[PDB]
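Drug volasertib bound to macromolecule Bromodomain-containing protein 2.
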Amino acid sequence: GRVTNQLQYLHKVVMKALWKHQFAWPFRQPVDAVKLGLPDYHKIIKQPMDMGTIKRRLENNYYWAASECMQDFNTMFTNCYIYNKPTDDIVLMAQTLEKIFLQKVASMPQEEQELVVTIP
Ligand SMILES: CC[C@@H]1C(=O)N(C)c2cnc(Nc3ccc(C(=O)N[C@H]4CC[C@@H](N5CCN(CC6CC6)CC5)CC4)cc3OC)nc2N1C(C)C
């Protein structure tokens, strides 16, 4: 991947705010459906995603475009809404975190530019 202004913003602003939030703990690591006794989790959820995985990807310059990282955040929230019951508190926690995600994304740099200054 590469380092861009937008991906650096996603790492140092958006992820920093979401990771520390009081509602982040269910999303800081992949769902362990074996330990949770949930044999249907991976039958229903085709693309598991979590903030621990996203954070490691950002640390390792896995992404090529901010939009890919935004899709990973979105998949994580969508998985929660699809799998759980509409009245479960975790749905409310995801809605709270996703609202912060969108609020912070609103102030991301407009044009994606690689943060490299190279010598030919
Ligand atoms: C999946 C459906 C839905 C959903 O959509 N998502 C995203 C979701 C995600 N996560 C959870 N639960 C947990 C999440 C995280 C933890 C944790 O801190 N786990 C660590 C704590 C102990 C650690 N151990 C390991 C070895 N230990 C050494 C030996 C002495 C013990 C020392 C400590 C290992 C794991 C616990 C959870 O269970 C309480 N539920 C979810 N739901 C619920 C509605 C079921």
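Starting from 1, each residue takes its place in the sequence as its number. Counting starts at 1 for both ligands and their atoms, in listed order. Going by what the header records, the deposited coordinates were determined by X-ray crystallography, 1.8 Å. Computed from heavy atoms alone, side chains included, the values below leave out hydrogens, waters and symmetry copies.
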Item to check | Structural location of volasertib, copies included | outcome: ligand 1
Item to check | Atom indices of volasertib (ligand 1) within 4.0 angstrom of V31 heavy atoms, with elements | outcome: 1 (C), 6 (N), 7 (C), 9 (C)
Next on the checklist: Among all protein heavy atoms in this structure, tell me which lies nearest to atom 9 (C) of volasertib (ligand 1), with the distance rounded to 0.1 Å.
Outcome noted: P26 O, 3.1 Å
Checklist entry - Can you tell which of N79, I90, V91 gets a heavy atom nearest to atom 8 (C) of volasertib (ligand 1)? => result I90
Checklist entry - Nearest non-hydrogen atom to atom 12 (N) of volasertib (ligand 1) belongs to which of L36, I82, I44? => result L36
Item to check | atom 13 (C) of volasertib (ligand 1): the protein heavy-atom neighbour that sits closest, reported with distance to 0.1 Å | outcome: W25 CZ3, 3.8 Å
Item to check | Region of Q29 engaging volasertib (ligand 1) - heavy atom pairs below 4.0 Å | outcome: side chain
Checklist entry - Where on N84 is there a heavy atom closer than 4.0 Å to volasertib (ligand 1), on the side chain, on the backbone, on both, or on neither? => result side chain
Item to check | Which of the volasertib (ligand 1) atoms, numbered from 1, are nearer than 4.0 Å to a heavy atom of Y83 | outcome: 2 (C)
Item to check | Non-hydrogen contacts within 4.0 Å of volasertib (ligand 1) | outcome: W25, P26, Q29, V31, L36, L38, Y41, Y83, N84, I90
